[PDB]
Amino acid sequence: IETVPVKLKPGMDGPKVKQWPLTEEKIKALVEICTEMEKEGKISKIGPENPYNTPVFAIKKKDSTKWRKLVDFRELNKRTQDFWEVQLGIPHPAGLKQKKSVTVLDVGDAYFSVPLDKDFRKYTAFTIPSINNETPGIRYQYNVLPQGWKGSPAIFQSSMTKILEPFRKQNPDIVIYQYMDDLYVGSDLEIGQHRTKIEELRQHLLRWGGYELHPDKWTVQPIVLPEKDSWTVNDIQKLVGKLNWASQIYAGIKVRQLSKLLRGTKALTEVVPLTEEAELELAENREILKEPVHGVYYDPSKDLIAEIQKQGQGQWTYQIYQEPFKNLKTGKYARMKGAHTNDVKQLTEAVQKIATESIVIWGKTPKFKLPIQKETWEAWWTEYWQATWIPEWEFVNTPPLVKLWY
Amino acid sequence: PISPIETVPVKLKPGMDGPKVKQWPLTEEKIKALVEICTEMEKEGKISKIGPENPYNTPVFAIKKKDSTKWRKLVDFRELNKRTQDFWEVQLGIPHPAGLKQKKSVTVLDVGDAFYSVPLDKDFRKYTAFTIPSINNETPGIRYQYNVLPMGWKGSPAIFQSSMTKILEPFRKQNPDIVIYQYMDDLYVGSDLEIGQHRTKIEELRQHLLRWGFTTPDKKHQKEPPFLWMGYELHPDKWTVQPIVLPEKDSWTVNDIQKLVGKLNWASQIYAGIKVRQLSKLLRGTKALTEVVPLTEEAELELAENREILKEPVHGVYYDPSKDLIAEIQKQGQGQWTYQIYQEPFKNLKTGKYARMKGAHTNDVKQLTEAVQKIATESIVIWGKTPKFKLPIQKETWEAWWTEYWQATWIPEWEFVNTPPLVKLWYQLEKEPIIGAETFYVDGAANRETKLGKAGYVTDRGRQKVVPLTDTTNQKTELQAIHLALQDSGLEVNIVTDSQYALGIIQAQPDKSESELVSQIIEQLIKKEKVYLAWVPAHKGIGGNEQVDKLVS
DNA sequence: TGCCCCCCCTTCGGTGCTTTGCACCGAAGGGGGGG
Ligand SMILES: Nc1ccn([C@@H]2CS[C@H](COP(=O)(O)OP(=O)(O)OP(=O)(O)O)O2)c(=O)n1
Ligand SMILES: OC[C@H]1O[C@@](CO)(O[C@H]2O[C@H](CO)[C@@H](O)[C@H](O)[C@H]2O)[C@@H](O)[C@@H]1O
Ligand SMILES: [Mg+2]
């Protein structure tokens, strides 16, 4: 078959990103995986005269118990030409977030039956390290549509439609969405009933070449205010600064008649009685925050942003937005790991969960603002990653002024 | 001889042509050195004569070699390197002897004439044009081009390395229980075969290299311990660094101190407890490498301590993969940490130190976490796994940090070890306001354009103060306002500020800072008994904050 | 009067913030070491 001509964006060069260190077991797996891929002509040994590189690592799903090679093509995807520009992109269906259950299938291997523009292959190089630098790195590049490259779903688009038409034909109320190497397949069938056409969809796929999500319990978590019999100056100061923040989000929240209960230079522990007109202000403000904000709509032409705060005892709050203070979703992630002993694992799992929700809902992952030092994240995150995609992220140091989201 | 391996295709960067540079003068001993090498290089096919049809040029020289009575030929390809395409370098790191296993039989070989045994892409050769001068009198020179990898060209190390990997790969696959450490042209070869079979494998590997054009001179074939390797000495059961000679000087320049610090950092991989904070402080704010710097008293002490450590002989041991790796860290003061990695007690694989200051404001618990991260990365590089940690911090201290600090943080499986000074939080902010403690409302403002400002407070007990400030900033006056509240309050205090900046720093429980002002605040926080610190928004007429904001103007 | 790699310590300059300095970060200068 014929390559599809592919280009970088104008005036950009290919990725040049250093390989990071890997454990013994990940290097062994990469050497087993790449050796076999070399033999099947999917990749080719290259040398140092190719000046491009992209980091490679491996993930092992606990249920699968087998390694999965993951090449971090984030840099390459940013520099690759848009395909919605050429109109080869994958439409998002609004029905997916409606379904009772959604299973994720890794279908990256179907990409390996389509060859890649020979002029583009050099941009796909990667380098396997060696323990104690016993040897120089070993380098490959792809001859086929790579896993993890945003061009592969787009180029393979015409084909997976043909592969899936009978299944969709036969199951009109199951909805299937392709995102990168993944198929998101949702339905309303009973919990163990849904699983079985999952397994049938598999056989139709294994006849050319995660764990059940449940969206209708992706509860939103709004801003709430404490309820008490008696209120300190400090309580009312904390209450006033929290509502003042929230008036950047909601309309007509007012502080004038809680703020003057604090007229005077008063002790933080003095108990100030609530006036009739402060009780009014507060129960009023309590419901403006009761239901969602009026005037906030998704824009597919703009990026999604996600913020997370650590709250403690295994809880993590998050907000997804595109314009500041216009949240499309606010949530609370709760760790179920067990011991409650690992912040980095909890955050890594929270990022996968949030990103998965954005895929199901809007069809793309958000750029994360992560509440962690860069070097703490980079020491550990790959040990807990289980997705075939990797979102954009950046690192922030923002103390809480208010505890808005508790 | 020249390898029959395929050449590596190489390109100039797009738009670029080749270099055009005149040659300079060299001594008579550095023309005979090269002509001996140059008509002999031509005899072996390494270079060929060119003339005026090729318009490119690049100058040439020679330098002495540690091996006495051999010279190293070099061409100054700085211009060509600029116009030559980028490479992805395959040397990702440096092997370390603590990552080696014990082996019954060991050999170390060098490949001779390494670069000159690898051919250069046909179409690129003409860009390597040069000229040989001959004293600069009565002859201009004759022109050659390289047919093999030139020393001084940007692509030569990578194309040699990659070529060597392709040549070795058949042999490694054939003998999987022979470890070959390949660094440039240097080959370490270990096995568990009796020395008989081992030497069979060796000369078999030597013959494989020779069919591909790579000699292994006997001069550099090491057969007996101790082997000289990568700057170390390999004994059967242990390894040493080759001797480290520190400068000793009556008068010191910046550049001398720079040399001294570098030697000590190199020593610190096996000599426990090395410190360089006070010697490196001398380098700050200087402005010439020949500037004489007098050692401070603290630097002399630190130098003398390091000198005592260096007089004592040390050795590392090799890696036993059937035992855990263990990493133990000690605190040295002024943001300095030293560590040891071992498997059996008092038998170090290696040592090291961590002493970077990350951030304007930090504490010992964060820096301990950074040391742990640096050790974890180094262990992955050398041994492919992370170690069990032994740390001088209590479980309670750590647990109070990751509950009170708002960023995700972690450290792996660790056991407390009592080696004072222990790492500890130096104060903790109260989660709730303190009954009976005075309430200070603080504020500071500066004038953007003037440099002038004020810091002050008012109090629920009627106390109030305003101090003038000169040559300051907005953020400084806010820090200053908190400084005064702490200075004038008792052992327990409640503080309300409108600076999220100041709250941000202090809520992170810093114990050191590059700021003298923040340092002064830290010493006051450490002397207090309880402190609650609260924020309110500015300019919303809030009781307390409004009155002090009123007062600062 | 050269090349490539790793490390540490210091300086400098670009980025973004409901900023007007400040904190962060990557690159580049010096040094060590390897070939
Ligand atoms: N100062 C240096 C040292 C080494 N090199 C490179 C790194 S590896 C390669 C080795 O060159 P050669 O083997 O031909 O000469 P050697 O000095 O090693 O002796 P022999 O091995 O006896 O042939 O030269 C360099 O470019 N600059
Ligand atoms: O974690 C950031 C760190 O990772 C690298 C890869 O080594 O960059 C990756 O992550 C970035 C943040 O989303 C992407 O912008 C980038 O394209 C991707 O390779 C480093 O470059 C970066 O320092
Ligand atoms: Mg040699």
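Here is the naming used below: chain letters follow the sequence lines, and residue numbers restart at 1 for every chain. Looking at the header, which is where the method is noted, we find X-ray crystallography, 2.5 Å. One-based numbering, in listed order, for ligands and for the atoms of each. FYI, side chains are in, hydrogens and waters are out, and symmetry mates aren't considered; it's all heavy atoms of this structure.
- Looking at ligand 1, one finds the drug lamivudine triphosphate.
- Here the macromolecule bound to lamivudine triphosphate with the most contacts is known in the PDB entry as HIV-1 reverse transcriptase p66 subunit.
- By chain letter, the other chains having a heavy atom closer than 4.0 Å to lamivudine triphosphate are B, C.
- Residues contacting lamivudine triphosphate within 4.0 Å (heavy-atom distance) are B/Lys65, B/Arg72, B/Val111, B/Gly112, B/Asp113, B/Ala114, B/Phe115, B/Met151, B/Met184, B/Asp185, B/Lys220, C/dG2, C/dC3, C/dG35.
- Atom 18 (O) of lamivudine triphosphate has as its closest protein heavy atom B/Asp185 OD2, 3.5 Å.
- Scanning all protein heavy atoms for the shortest distance to atom 23 (O) of lamivudine triphosphate gives B/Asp113 N, 2.8 Å.
- Name recorded for DNA chain C in the entry: DNA/RNA (38-MER).
- For chain B, the entry records the source organism Human immunodeficiency virus 1.
- Of the other ligands and ions shown, those with an atom under 4.0 Å from lamivudine triphosphate are ligand 3 (magnesium ion).
- Here the protein heavy atom with the shortest distance to atom 7 (C) of lamivudine triphosphate is B/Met184 CE, 3.6 Å.
- Scanning the protein for heavy atoms near atom 11 (O) of lamivudine triphosphate, the closest one is B/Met151 CE, 3.2 Å.
- Regarding atom 15 (O) of lamivudine triphosphate, its nearest protein heavy-atom neighbour is B/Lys65 NZ, 4.0 Å.
- The protein atom (non-hydrogen) at minimum distance from atom 21 (O) of lamivudine triphosphate is B/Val111 O, 3.3 Å.
- In this entry, no covalent bond from lamivudine triphosphate to a chain is modeled.
- When hydrogens are left out, the protein atom nearest atom 4 (C) of lamivudine triphosphate is B/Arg72 NH2, 3.5 Å; that is the closest non-hydrogen contact.
- Closest to atom 22 (O) of lamivudine triphosphate among all protein heavy atoms lies B/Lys220 NZ, 3.4 Å.
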